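A structure with (R)-naproxen.
Letters go in sequence order (proteins before strands), and every chain restarts at 1. Atoms within a ligand are numbered from 1 in the order they appear, just like the ligands themselves. Structure determined by X-ray crystallography, 2.4 Å.
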There are 2 protein chains.
Amino acid sequence: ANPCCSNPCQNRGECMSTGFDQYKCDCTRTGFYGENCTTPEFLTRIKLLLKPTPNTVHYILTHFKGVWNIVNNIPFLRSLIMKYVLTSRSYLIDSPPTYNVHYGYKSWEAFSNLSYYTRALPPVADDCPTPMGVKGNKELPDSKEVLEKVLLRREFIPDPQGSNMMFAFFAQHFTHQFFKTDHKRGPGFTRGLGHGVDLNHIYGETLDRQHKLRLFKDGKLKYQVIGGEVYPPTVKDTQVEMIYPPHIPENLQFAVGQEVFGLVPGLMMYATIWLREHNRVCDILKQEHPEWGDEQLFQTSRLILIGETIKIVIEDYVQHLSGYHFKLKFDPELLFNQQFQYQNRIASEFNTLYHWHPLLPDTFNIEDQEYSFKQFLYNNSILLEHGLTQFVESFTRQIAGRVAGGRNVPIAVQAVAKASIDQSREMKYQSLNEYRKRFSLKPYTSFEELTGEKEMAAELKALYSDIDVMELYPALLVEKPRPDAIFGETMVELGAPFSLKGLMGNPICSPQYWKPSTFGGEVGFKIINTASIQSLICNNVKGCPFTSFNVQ
Amino acid sequence: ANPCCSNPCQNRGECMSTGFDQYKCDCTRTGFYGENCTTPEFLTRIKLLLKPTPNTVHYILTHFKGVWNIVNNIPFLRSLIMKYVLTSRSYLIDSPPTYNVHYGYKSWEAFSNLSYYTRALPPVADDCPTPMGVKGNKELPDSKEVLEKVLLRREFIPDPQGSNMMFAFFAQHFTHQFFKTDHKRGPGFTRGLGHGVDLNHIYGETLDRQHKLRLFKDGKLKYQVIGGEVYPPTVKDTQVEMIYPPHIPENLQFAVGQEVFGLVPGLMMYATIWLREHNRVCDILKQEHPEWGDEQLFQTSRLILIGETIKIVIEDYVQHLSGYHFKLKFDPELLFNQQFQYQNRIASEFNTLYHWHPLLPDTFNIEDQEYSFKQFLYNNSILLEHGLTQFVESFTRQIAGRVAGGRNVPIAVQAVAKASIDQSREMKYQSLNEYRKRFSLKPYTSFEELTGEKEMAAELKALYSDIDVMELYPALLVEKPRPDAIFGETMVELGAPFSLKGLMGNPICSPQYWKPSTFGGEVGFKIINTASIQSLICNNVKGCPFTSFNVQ
Ligand code: HEM
Ligand code: HEM
Ligand SMILES: CCCCCCCCO[C@@H]1O[C@H](CO)[C@@H](O)[C@H](O)[C@H]1O
Ligand SMILES: CCCCCCCCO[C@@H]1O[C@H](CO)[C@@H](O)[C@H](O)[C@H]1O
Ligand SMILES: CCCCCCCCO[C@@H]1O[C@H](CO)[C@@H](O)[C@H](O)[C@H]1O
Ligand SMILES: CCCCCCCCO[C@@H]1O[C@H](CO)[C@@H](O)[C@H](O)[C@H]1O
Ligand SMILES: CCCCCCCCO[C@@H]1O[C@H](CO)[C@@H](O)[C@H](O)[C@H]1O
Ligand SMILES: COc1ccc2cc([C@@H](C)C(=O)O)ccc2c1
Ligand SMILES: COc1ccc2cc([C@@H](C)C(=O)O)ccc2c1
Ligand SMILES: [Cl-]
Ligand SMILES: [Cl-]
């Protein structure tokens with residue numbers, strides 16, 4: 001009934017009704033004009049002919065290793081290239097933010113309420129005749145059927161990029177500081193009001209929780225020693241709320257501060273490592289500043305760990321999953337002469353696309369043993385049993401599964417994969433093709449183009465009937481992967497903008513924060529600028545086992 | 001004890017301790033180097049001997065009415081000029097913010113906790129030997145003595161720029177959406193979590209309060225009719241809490257939603273005007289959008305009012321108090337090709353300097369009656385008796401007091417002025433001269449240079465003993481005014497940057513927001529772009545009396 005229900009405005013033009021049956025498109029700053037912002041201005045015509053496809057670019061980034069070897073060692077070209085990826089991605093994100101589940105137009109309520117996930121595309125209106133607006137049937141296909149036909153795993157498909165379990169659990173640990181859906185309110189509500197990398201999954205979302213996790217000497221976090229090893233403190237000792245089955249032994253009720261982290265020993269492995277790391281930095285910082293009190297040591301160490309995280313995320317984690325020969329660089333200075341907003345709001349679609357459960361293996365192989373999901377969940381005695389050094393060595397060696405390419409969601413998390421479909425619809429997401437347009441991709445013309453094969457394509461066609469009505473979540477996991485890659489085109493071209501905006505958006509990247517005094521001087525500053533996944537493990541894990549995100 | 005107590009680092013360098021008795025200066029990006037960042041880089045040398053003093057620039061702006069008469073008419077020149085005032089002012093403020101009452105170093109708590117006012121200069125550390133750090137006596141001069149000698153009004157001093165009571169009350173009403181001290185918590189803490197121009201003073205800080213004030217029809221705010229005139233609804237009807245003395249007879253307990261606006265009829269006057277204006281705009285939107293529901297009517301009207309507010313503050317309000325012949329311009333597009341952060345945090349010092357109580361008369365003259373403070377306070381009946389038309393006519397006609405120049409604080413609010421001195425010390429403000437360097441002004445070398453006269457200068461010199469220990473607040477009210485001006489140099493050079501960043505940093509000024517469709521189409525947009533103090537009054541006040549911020 002709403003005249004904007006068909007999504008008539010193209011190229012990021014905004015649609016507004018102008019009567020019960022009529023509409024208008026606002027083409028301001030789009031580079032186009034016309035009734036629907038489809039006829040381009042002269043300069044636009046030119047930018048367009050010059051613009052290479054995401055697929056062409058990706059080819060160039062994953063070939064010619066010899067040329068990249070050179071570029072990488074010419075600091076000024078490396079900086080030039082990295083500047084361009086940074087800015088070209090980030091300009092895809094609305095900032096300040098617009099739209100959320102309840103608002104398909106820009107209200108002060110949508111801007112000011114930090115309780116919502118923001119939304120890259122506005123929700124389909126409540127009165128549209130079909131779930132996707134105007135197209136398709138009255139009803140999307142039964143979600144159980146989609147799940148079973150194209151998502152559930154038959155045989156385990158390994159990631160051809162060699163992503164290991166260190167990678168999979170880092171992703172889960174790092175992302176769960178900003179994906180924290182508030183189930184009391186609905187999907188599309190978050191409990192992580194920091195809307196980014198604030199390390200609340202280490203220090204607690206609220207001051208109350210932080211103070212419970214704190215030792216209040218030397219800036220340190222509370223902990224216990226079992227065997228000769230440092231672990232998070234207990235729930236009984238700190239009185240912080242955690243989520244645990246009621247039968248779990250007092251000693252194994254680890255507290256840590258993201259309340260959900262005790263349900264997977266892999267999460268708790270990183271919780272322990274980061275806890276250890278905070279306290280290691282306190283020691284260095286105390287050594288450097290005998291004058292300092294507890295508050296300042298805690299607060300400075302926290303700023304340093306924020307930097308270390310972003311460093312690692314860009315130069316090891318994103319580096320790995322990109323498959324690029326170009327060496328990505330964490331360097332806030334790249335943006336000091338650019339237009340850039342040091343702020344971030346996490347999008348609901350970013351939560352959605354980050355559901356990478358295909359990464360999970362059939363069993364968890366902690367060198368020697370092989371645990372089933374049932375055995376693994378809410379079970380920290382495994383961590384105690386094997387210790388951190390083992391775990392690192394084991395997780396470094398076990399391949400994770402491929403994410404795109406279809407049929408690789410472990411049955412053990414089927415209920416989760418289904419909820420993603422259901423909550424997507426509940427939140428009234430626009431189609432896959434609407435999202436491809438939003439991010440400057442060409443809409444798919446058939447399911448067979450989406451998957452690159454024929455079997456899954458046909459199953460999808462019988463269910464959806466029209467490609468322009470295919471949904472975002474199912475499509476990301478079923479999409480044709482890049483040649484020997486973990487992800488398809490859509491995952492990368494939507495993921496990258498959200499990701500890099502969240503990373504560089506941080507206040508510690510702003511000119512006023514990005515200087516040595518912010519981090520306790522030159523010493524604290526180097527901890528950030530030399531941080532890596534290897535040194536994180538090396539410094540904090542008993543032996544000094546080798547790791548990477550790659551299974552070698 | 002703190003080695004940084006002397007504030008050694010100059011030119012915006014940051015001090016850090018490096019041991020119990022030593023310190024280091026971080027000169028990064030200051031344009032200076034050396035132990036205290038006082039030795040300028042070459043390009044910095046050129047900039048300095050090419051930079052006109054604030055007084056030179058002020059002179060140029062307040063003279064040559066002939067030339068400015070030409071420039072105001074070259075859209076091209078007006079723009080580039082306004083662009084330069086916006087950018088150079090704003091670069092003076094840290095954004096993202098740094099420091100608050102409790103943190104004289106960066107910290108994530110200082111960044112993330114919106115309950116604090118930010119701070120342009122960090123507090124003086126608790127353990128410093130003297131209140132100003134290292135200079136002056138172990139104690140600051142008795143605040144009663146400072147108050148009585150150089151602050152209290154003997155004879156009324158009228159503003160030479162001709163400010164009237166429309167100006168004074170506009171000031172109070174507008175600033176009180178972002179200055180809302182949380183007294184429960186302390187000075188340094190605010191209840192305006194929106195940190196800017198969000199119109200919470202019309203709509204409420206929380207969603208619970210907003211809903212209580214809302215009609216839920218046609219997007220409107222609840223109101224009552226008394227005689228044939230529209231007034232805010234009552235406390236008993238809306239259940240929204242207000243602050244009123246118990247003797248107030250319900251029925252005059254107007255709601256309005258900044259809970260403090262009952263205690264001055266001049267505040268209730270504007271509250272009434274903006275409430276009428278909101279419902280007026282709903283009528284206009286409804287006419288353009290027969291198909292819109294209540295929610296979008298409400299939200300769109302709110303965005304439009306925000307726009308009107310910003311427009312009026314810049315082109316009528318700031319315009320008047322500036323005394324410039326150059327015609328200021330509200331135009332977000334001026335910043336689209338510039339680096340600029342669309343975010344704000346209101347500074348404690350901004351609150352401090354806006355304590356413009358000298359504006360207030362000894363009696364409030366509403367055509368025919370001369371009301372005293374005791375009679376004016378929390379007394380809406382005066383508003384009901386005279387009406388909005390009378391009130392605008394009277395307020396437009398009565399002059400305000402001069403602010404700088406000393407000895408013009410109304411005796412009626414002497415307790416308030418004393419609290420300002422006392423709270424500044426409580427919040428550990430740095431000295432006047434520290435704040436002057438921070439905003440690129442020369443430190444004053446004697447009290448006599450500060451005041452421009454002799455008698456107060458000598459009074460101050462006996463109290464403070466040393467000019468480098470003079471306090472900021474008392475100084476602003478005692479400072480030598482610009483020629484026939486309302487304020488002295490310090491007020492303007494501090495206030496302008498806080499004010500302009502506060503205005504332009506609003507999300508509706510950002511590229512994605514600044515477009516016709518945000519405000520419901522070209523007619524909604526035009527309300528923003530044509531708004532003025534005169535038009536605000538003409539549309540909503542019975543007859544349509546002439547108004548101005550200037551006495552005629
Ligand atoms: C043993 C490993 C894992 C288990 C047991 C698990 C299970 C779960 C469960 C029960 C949920 C909540 C679903 C809901 O509340 O609707 C969830 C959500 C989620 N998962 Fe996993 N998962 C695992 C691994 C991973 C991995 C490797 C990733 C990689 C990115 C990931 C990404 C996410 C995300 C982004 C959410 C949404 C979080 C939120 O909105 O609060 N998970 N998972
Ligand atoms: C009848 C008129 C006025 C009265 C009765 C009045 C009285 C007061 C009082 C009692 C306070 C609270 C003091 C405290 O908490 O220590 C205050 C604060 C303040 N006043 Fe006024 N004042 C008036 C007009 C004005 C005007 C015209 C301005 C112009 C800017 C102004 C600026 C301020 C500011 C910025 C604060 C701080 C508010 C906060 O932090 O919440 N006042 N005033
Ligand atoms: C030749 C490769 C070096 C430059 C690196 C650019 C990497 C990211 O470039 C991306 O590619 C897409 C298609 O071109 C665009 O849609 C994106 O906006 C752009 O950010
Ligand atoms: C510097 C040399 C430039 C050569 C660019 C090679 C581009 C070929 O790249 C091809 O583009 C397609 C995109 O639609 C993809 O489907 C293919 O997988 C990809 O190989
Ligand atoms: C992973 C186990 C759960 C899914 C089985 C039930 C749904 C049936 O799904 C079918 O499974 C076949 C075998 O893979 C495919 O050949 C078909 O294309 C597919 O539709
Ligand atoms: C284009 C020519 C520029 C010259 C403008 C005149 C500058 C005078 O500026 C002077 O600066 C002093 C600063 O302390 C003030 O005390 C004076 O009041 C002020 O007149
Ligand atoms: C006369 C030239 C056009 C008018 C623009 C200047 C008005 C505001 O510019 C101000 O001037 C001061 C002195 O240089 C600086 O200290 C301020 O930082 C700057 O914002
Ligand atoms: C969250 O999911 C992703 C997926 C791919 C990404 C790729 C980049 C880099 C390589 C990019 O192409 O600019 C960054 C973040 C990414 C995040
Ligand atoms: C709160 O106090 C002030 C005082 C002077 C101001 C001057 C400007 C303009 C004219 C300017 O000088 O840039 C803006 C805000 C201002 C605020
Ligand atoms: Cl990410
Ligand atoms: Cl202002």
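The full list of places where (R)-naproxen can be found here is ligands 8 and 9. The main binding partner of (R)-naproxen (ligand 8) here is, in the terms of UniProt, Prostaglandin G/H synthase 2. Other chains in heavy-atom range of (R)-naproxen (ligand 8) (under 4.0 Å): A. In terms of polar-atom proximity, defined here as any N/O pair under 3.5 Å, A:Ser322 makes no such contact with (R)-naproxen (ligand 8).
Every atom of (R)-naproxen (ligand 8) with a heavy atom of A:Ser499 under 4.0 Å away is listed here by number and element: 15 (C), 17 (C). Annotation: atom 14 (C) of (R)-naproxen (ligand 8) to nearest protein heavy atom, A:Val318 CG1, 3.5 Å. For atom 2 (O) of (R)-naproxen (ligand 8), the closest non-hydrogen atom of the protein is A:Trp356 CZ2, 3.4 Å.
In terms of polar-atom proximity, A:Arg89 is counted as a contact of (R)-naproxen (ligand 8), with an N or O under 3.5 Å from an N or O of the ligand. The atoms of (R)-naproxen (ligand 8) that sit less than 4.0 Å from any heavy atom of A:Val85 are 13 (O). As deposited, the model links (R)-naproxen (ligand 8) by no covalent bond to any chain. With ligand atoms numbered from 1 in the order given, (R)-naproxen (ligand 8) contributes 13 (O) to contacts under 4.0 Å with heavy atoms of A:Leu500.
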